[PDB]
Asks: 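Here is a complex structure; among its components: GSK2126458.
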2 protein chains.
Amino acid sequence: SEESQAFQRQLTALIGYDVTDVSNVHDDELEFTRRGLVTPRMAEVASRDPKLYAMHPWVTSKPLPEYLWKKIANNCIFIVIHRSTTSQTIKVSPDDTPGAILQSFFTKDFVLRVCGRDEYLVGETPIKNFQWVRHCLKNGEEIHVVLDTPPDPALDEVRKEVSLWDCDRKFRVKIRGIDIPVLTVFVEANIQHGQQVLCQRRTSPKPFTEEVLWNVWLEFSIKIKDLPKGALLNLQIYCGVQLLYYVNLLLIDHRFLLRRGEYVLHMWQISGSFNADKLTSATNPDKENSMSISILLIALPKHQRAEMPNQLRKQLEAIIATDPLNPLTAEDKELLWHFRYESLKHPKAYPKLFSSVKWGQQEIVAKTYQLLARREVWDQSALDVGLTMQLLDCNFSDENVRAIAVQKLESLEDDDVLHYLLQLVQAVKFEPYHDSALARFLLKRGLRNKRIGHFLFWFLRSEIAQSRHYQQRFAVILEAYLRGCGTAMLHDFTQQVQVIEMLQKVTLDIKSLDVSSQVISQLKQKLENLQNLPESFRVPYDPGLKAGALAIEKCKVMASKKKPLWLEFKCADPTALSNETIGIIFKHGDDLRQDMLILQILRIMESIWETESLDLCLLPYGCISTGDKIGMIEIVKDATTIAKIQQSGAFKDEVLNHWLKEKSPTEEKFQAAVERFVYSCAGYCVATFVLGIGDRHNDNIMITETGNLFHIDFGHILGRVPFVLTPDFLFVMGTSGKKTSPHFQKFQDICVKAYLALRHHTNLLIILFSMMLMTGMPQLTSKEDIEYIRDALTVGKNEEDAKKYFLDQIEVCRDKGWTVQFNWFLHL
Amino acid sequence: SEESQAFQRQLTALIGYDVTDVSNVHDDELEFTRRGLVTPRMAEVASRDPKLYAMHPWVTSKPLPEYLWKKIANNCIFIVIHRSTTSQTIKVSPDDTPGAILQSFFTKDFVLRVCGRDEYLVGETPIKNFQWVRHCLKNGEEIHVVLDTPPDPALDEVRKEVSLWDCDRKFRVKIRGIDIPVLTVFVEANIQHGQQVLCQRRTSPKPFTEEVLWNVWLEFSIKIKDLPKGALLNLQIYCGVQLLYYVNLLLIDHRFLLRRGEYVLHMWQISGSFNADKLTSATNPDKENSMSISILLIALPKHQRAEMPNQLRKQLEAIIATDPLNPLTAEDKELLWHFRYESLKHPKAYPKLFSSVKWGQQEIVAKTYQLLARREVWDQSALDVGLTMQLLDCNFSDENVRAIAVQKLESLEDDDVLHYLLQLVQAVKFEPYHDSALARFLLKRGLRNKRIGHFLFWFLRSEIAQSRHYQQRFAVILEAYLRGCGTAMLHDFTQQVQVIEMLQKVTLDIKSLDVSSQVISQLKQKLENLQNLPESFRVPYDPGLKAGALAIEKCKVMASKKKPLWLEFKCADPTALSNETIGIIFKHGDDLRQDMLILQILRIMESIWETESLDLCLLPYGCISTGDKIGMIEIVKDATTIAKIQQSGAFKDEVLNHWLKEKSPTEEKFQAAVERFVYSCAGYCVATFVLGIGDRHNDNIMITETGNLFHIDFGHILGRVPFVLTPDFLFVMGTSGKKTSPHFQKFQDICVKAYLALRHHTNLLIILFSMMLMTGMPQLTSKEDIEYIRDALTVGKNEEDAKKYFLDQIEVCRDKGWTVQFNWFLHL
Ligand SMILES: COc1ncc(-c2ccc3nccc(-c4ccnnc4)c3c2)cc1NS(=O)(=O)c1ccc(F)cc1F
Ligand SMILES: COc1ncc(-c2ccc3nccc(-c4ccnnc4)c3c2)cc1NS(=O)(=O)c1ccc(F)cc1F
């Protein structure tokens with residue numbers, strides 16, 4: 001067709017990559033996946049509710065936090081409904097539905113929409129179970145909604161559309177040669193399966209030149225029939241010993257066919273590390289410069305007790321109780337496997353049990369499938385996200401194992417998927433094949449809910465624009481989502497990408513030119529030209545918010561070396577309750593993906609703290625990676641850095657407390673800010689400690705006028721003191737040197753409650769941390785790196801040792817005063 | 001009948017107890033056993049060869065020892081056949097049969113009989129495989145046989161002849177009271193099974209008087225259906241804590257009936273010890289004085305894999321490799337039981353595996369029987385006597401387990417049964433029931449071979465006359481044997497018992513009267529009266545030898561406090577090659593049973609040494625226990641004590657070497673005596689060390705004129721230096737203080753070869769030692785007692801540490817010289 005052309009081109013433009021381009025594939029897997037994904041797409045689209053999809057209510061089934069209760073006077077919540085010019089304040093009960101609310105208003109068709117936002121309070125859900133309502137309560141804000149007409153669902157219209165088990169020969173592969181357009185070397189051939197090296201063979205070392213031939217058959221010890229679905233041929237080049245290049249080939253393809261024939265693979269260049277890029281089946285796109293290797297190489301079929309000696313059960317339980325990062329000895333595996341049927345009665349033994357499987361033996365793999373067939377304890381088990389995540393990491397290449405993980409994820413409510421979306425999108429990198437159950441799950445949940453969909457779009461598009469290793473795979477999944485999300489979101493994404501693309505250019509043109517008066521007249525000039533750009537666009541980190549017109553006079557070039565744009569937008573929603581502008585930092589030169597991850601962990605940390613009636617007042621500002629080393633960041637209102645305050649490398653102790661009094665008009669407020677400070681401070685001390693990012697210079701720590709403390713720029717320290725608890729912070733709590741005070745004792749108490757809380761989720765955090773390092777920090781992918789968090793969470797320790805451990809830390813910060821901040825200033 | 005009367009009375013007179021007397025039984029088990037034993041008796045009698053039974057060839061299938069080879073010149077052995085007055089020396093080949101020999105003699109009906117002995121060289125056996133022939137060779141004696149006529153087999157004529165598994169109630173027993181014709185006390189009720197206490201209940205303590213009543217029901221935790229065949233109700237009385245009396249009752253009888261009703265049991269008096277008397281089901285016969293207990297109390301039915309984790313197989317093998325006296329932890333048992341089918345592939349795991357059985361659970365016991373049903377590795381296994389003995393000790397009460405032990409014993413040749421007869425007879429004490437497979441086995445093997453039979457008679461009769469705990473059981477078995485052994489042996493036993501009974505009296509009458517001239521005229525007088533006594537009788541420790549007339553002039557009263565008779569007899573066989581008299585010590589006042597055991601171990605030690613081409617020249621003189629604290633001992637010819645030599649408490653170093661020169665007429669002989677001394681010395685050092693009986697006073701060590709050293713009186717030290725290696729012994733080897741010599745180096749070498757040899761039979765010796773202490777040393781029955789031999793045999797050590805261990809010992813003896821012998825003299 002012709003309209004399909006100017007539509008596939010639109011898709012490409014949103015995606016940022018051409019899913020038709022076949023200049024870099026050695027098979028048809030990507031294409032097959034495009035087709036395969038049609039069914040799940042159409043299934044979800046066809047069975048989605050029109051009205052609920054249009055309005056996308058943001059709700060939760062969780063209980064209302066205790067601290068959120070202590071803010072409700074006599075089971076009454078006031079809801080101010082605005083019609084056109086007027087407004088009526090109403091008594092509502094937390095337990096009643098919006099439907100009810102409306103009928104109790106007509107006494108003194110339509111649907112309640114949050115004022116100045118694309119957020120609807122609608123559906124058969126208690127007003128208390130709406131996130132927006134919980135947000136207002138938390139901040140002590142007033143709940144304002146307008147009486148508008150339901151969005152026309154027609155705007156969400158979707159456009160019209162020999163057996164392997166018989167070959168007993170040893171596997172072998174011929175290494176022809178290696179070529180590079182521009183020391184001795186050898187090629188190493190590994191047959192891997194989920195980080196496990198099944199078998200390995202090397203070549204003879206040969207003088208390294210622009211072309212090295214071998215023409216040798218490498219015969220492995222593994223029989224062709226013992227090859228597992230998902231096994232990689234891992235080709236690596238060493239020089240003399242150090243790894244220079246690598247590349248991977250799936251030995252069994254997406255149709256269960258053994259791999260056969262001639263291959264010239266373009267390899268990746270290197271910069272025992274656990275980097276997820278090392279696993280990719282994709283070949284390097286840069287054919288011109290890249291090193292390449294030449295190799296020369298039946299379908300896989302499908303599958304269809306004495307009481308334990310007490311001491312063995314003790315040993316088994318001991319093992320199952322260890323942490324995810326706890327290494328299994330061959331003795332442990334032999335035991336887990338020998339007693340596999342007992343192990344299966346424990347959902348928590350699963351990650352370790354399937355790590356005890358000899359995937360290199362077709363008979364063992366078969367018995368394993370027989371295990372998963374007696375899947376009743378697992379299927380009936382209460383969803384455990386940390387446990388489910390462990391089955392989705394780099395240590396599992398089997399699609400049935402990984403599939404029972406995704407199966408458990410289906411019970412997640414939209415609110416929880418949002419909590420784990422980013423890390424789930426990242427976990428797609430550990431999938432052997434492009435079309436996996438995990439991928440389909442992401443796709444289905446994005447199509448079912450606009451909010452998840454919106455972030456799915458930016459998480460994918462973020463990876464596609466800066467990950468050559470995985471962009472092809474991600475681009476296909478993004479396409480499947482764009483073809484089912486609907487006409488209105490398409491138009492919205494189109495608008496958002498256009499705006500960002502325009503703001504990118506300006507950022508680049510301003511950069512190539514400290515902050516002079518000329519560079520300022522050029523920022524203002526370029527902005528004036530652009531504004532003369534969509535009349536409105538959604539904010540990617542806060543999609544309910546629509547930004548509109550620029551406030552050029554408030555725009556500027558910040559004073560860092562990266563010359564970030566500080567932008568200010570008017571809210572395009574007239575029904576907005578304020579004139580406060582939307583503040584967006586636009587930054588080029590950094591890979592903001594790592595920040596997104598840290599911030600997202602912080603959000604997960606807060607929910608853990610909520611399940612324990614705790615609110616450490618963190619501030620995970622919005623941060624979205626939009627392209628190659630560019631992105632945008634939420635400007636937190638009324639905020640100033642701790643360094644700028646002191647600046648008013650000398651440091652004063654009272655200066656901070658002074659600054660709060662100044663900004664608090666009354667005493668009730670100063671005291672409430674001094675509380676906020678104590679909570680937000682403890683929140684960031686505990687958080688940063690766990691994530692090993694506490695030792696920051698105070699230039700990187702900020703504070704709101706209402707006393708809310710919060711760290712910033714988490715990529716900088718990922719690119720001694722356990723955390724920043726400096727005198728000025730302590731002074732606010734009212735303490736000097738060897739002393740104590742009503743707040744300091746409070747602060748000490750919140751920490752230990754925060755700390756011990758997190759430790760109740762050791763495994764979930766260990767897995768999330770491990771995965772964060774393998775998919776976002778190609779630099780921080782060492783064994784000793786990952787195992788930092790085990791120490792920081794005092795694994796194995798009881799709550800007394802742990803408590804006394806953290807307190808010792810808090811002391812280290814005091815005994816060291818300004819010593820570390822002072823060094824941090826010294827410019828050597 | 002009437003002839004049966006004067007024949008049952010004869011049996012009683014041989015037995016030394018009336019198997020008809022029912023004045024001491026609470027059931028009919030003994031009687032039932034008398035009847036039960038008829039079949040095995042008649043089976044063996046009916047199927048025994050007349051001629052071979054009459055002549056009882058003493059043969060062996062073992063190879064001729066290497067040292068026995070080096071005594072055969074050019075495959076020729078000379079055999080001097082005597083007819084009447086003449087004699088012909090003949091060339092014979094070691095490999096040819098006696099049948100052959102005869103045909104090679106008529107050239108230059110009948111049967112060859114050793115001169116002056118009831119010993120025949122007959123049958124289809126190589127002349128080399130006759131023990132007599134091996135004896136002559138060993139001693140360098142000349143083989144003299146006479147051509148006599150075959151013994152008439154007619155002389156061997158034999159005279160003409162609710163279910164338990166349904167009762168689910170807890171077992172209980174009522175303790176009425178305790179009575180004694182002549183502090184507080186209580187009764188303790190144990191349900192035991194093979195030294196294992198299944199369940200235990202006590203009474204309330206009550207003031208100890210001549211009659212104490214309780215009238216209380218003791219309810220145990222064990223269900224009636226879980227009671228194992230062979231379980232004992234073990235009633236014990238404690239005073240305040242110390243055990244005073246005990247008695248046992250089989251809870252399930254010989255017909256598989258549960259025990260029911262009223263019992264008054266007469267209990268045994270005491271003198272955590274492992275005494276075999278404590279296990280007896282017999283009641284005390286001394287009704288007049290003995291303490292007794294009153295108690296008040298359905299038939300037992302009959303019965304009809306993932307590879308091991310390497311580490312578990314390692315652990316299992318580790319366990320199975322330990323020694324018999326090595327204690328199993330509950331962890332070990334749980335493992336052996338969990339992996340019972342693997343354990344069954346190892347005959348050596350058997351003792352430990354059946355010690356890992358919960359006999360107190362009818363379901364476990366049942367599975368165990370299912371194990372023994374897959375008895376193929378065991379049944380095909382090469383006979384291991386030590387292993388078979390472990391299944392017959394105090395730790396096994398189950399008749400099926402114990403029965404597979406006796407089954408393995410059937411493959412023993414007569415020569416080997418003789419080696420183990422004594423300890424097998426003792427092991428009958430560990431049998432729960434009177435009619436056991438072990439008992440039948442003994443009976444069958446005694447009836448099949450006259451020599452075994454002869455010793456069977458004296459071993460039984462020894463126990464019957466000094467063991468009230470087991471005499472009833474033993475007396476029944478003896479009766480079964482006497483009714484099938486034949487008319488000639490009956491007459492012989494009759495003769496032997498008469499002689500001994502006469503010699504006993506004289507010993508008693510002489511005792512009640514140092515050595516005066518009057519007591520001498522009274523010994524001679526009493527002997528003169530007796531001789532005016534069978535004209536001939538067999539020597540119980542050497543049955544082939546027939547003693548006849550006394551040599552009164554050589555008779556005397558030895559100079560010990562026990563006033564033993566030193567007797568001298570003429571050999572009643574005219575065809576004897578000498579005029580040397582038979583020398584027999586007749587001793588009253590000692591329990592000679594312990595000696596018999598030690599000596600018998602020494603004999604077992606020599607056979608072990610033979611299987612390793614070694615001959616340490618021990619001298620296990622004959623010693624038979626004939627009655628209550630009486631017995632007889634072989635006088636070793638041309639022998640004098642080491643003390644009497646020195647006496648010629650001062651000690652001289654050369655005196656011993658001097659004594660040898662004196663007695664050796666030539667130099668060739670002195671040198672051959674100095675060799676004999678070095679071997680016999682090392683033999684006794686190693687032996688005594690292992691049995692913890694080395695530290696003897698030299699009054700208890702003797703030497704033959706041909707240099708053969710040998711210890712005596714082994715009951716004395718069972719009633720510091722590791723062994724007697726005194727200067728005088730070392731001088732003979734040619735050494736003084738810090739020195740060495742051709743012999744000393746030799747002696748050191750033989751020891752280590754002797755020692756390491758025995759260690760190859762650690763288990764066999766440990767079991768034999770353990771059993772020797774539990775059936776013969778009521779005094780030496782402690783845990784630390786039994787486990788002495790583990791240390792002396794350096795269990796677990798390799799042959800280097802062991803070798804260097806023994807050498808250190810040999811040194812201890814030198815560094816201490818006469819120090820210990822000197823103290824041994826000091827009369828404090
Ligand atoms: C990705 O790294 C970042 N992470 C976070 C932020 C960030 C986020 C939210 C905010 N809300 C309010 C105010 C500010 C603000 C304004 C002016 N001065 N300071 C902070 C603010 C900054 C910026 C960056 N990048 S950055 O702007 O170059 C930069 C880097 C390091 C540094 F210490 C300072 C920086 F300004
Ligand atoms: C059961 O205890 C024994 N074990 C063994 C023998 C025994 C055995 C064989 C023999 N062959 C030849 C010569 C003698 C012999 C003659 C004279 N003097 N000494 C030994 C000899 C002794 C005796 C006893 N009992 S004993 O005769 O009372 C006795 C006890 C301790 C003691 F040192 C001395 C004793 F003479």
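Letters A, B, ... mirror the listed sequences (proteins, then strands); counts begin at 1. Every number for a ligand or one of its atoms is a count from 1 in the order of the listing. Values below: every heavy atom of this structure, side chains too, minus hydrogens, waters and symmetry copies.
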Asks: By the name used in UniProt, which chain has the largest number of heavy-atom pairs within 4.5 Å of GSK2126458 (ligand 2)?
Replies: Phosphatidylinositol 4,5-bisphosphate 3-kinase catalytic subunit gamma isoform
Asks: Heavy-atom contacts under 4.0 Å: which other chains make them with GSK2126458 (ligand 2)?
Replies: B
Asks: Which residues lie closer than 4.0 Å to GSK2126458 (ligand 2) by heavy-atom distance?
Replies: B/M558, B/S560, B/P564, B/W566, B/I585, B/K587, B/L592, B/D595, B/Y621, B/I633, B/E634, B/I635, B/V636, B/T641, B/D699, B/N700, B/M702, B/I712, B/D713
Asks: State which other ligands or ions come closer than 4.0 Å to GSK2126458 (ligand 2).
Replies: none
Asks: What UniProt-listed ATP-binding residues in chain B have at least one heavy atom nearer than 4.0 Å to GSK2126458 (ligand 2)?
Replies: B/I585, B/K587, B/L592, B/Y621, B/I712, B/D713
Asks: Which UniProt-annotated domain of chain B makes up the bulk of the interface with GSK2126458 (ligand 2)?
Replies: PI3K/PI4K catalytic
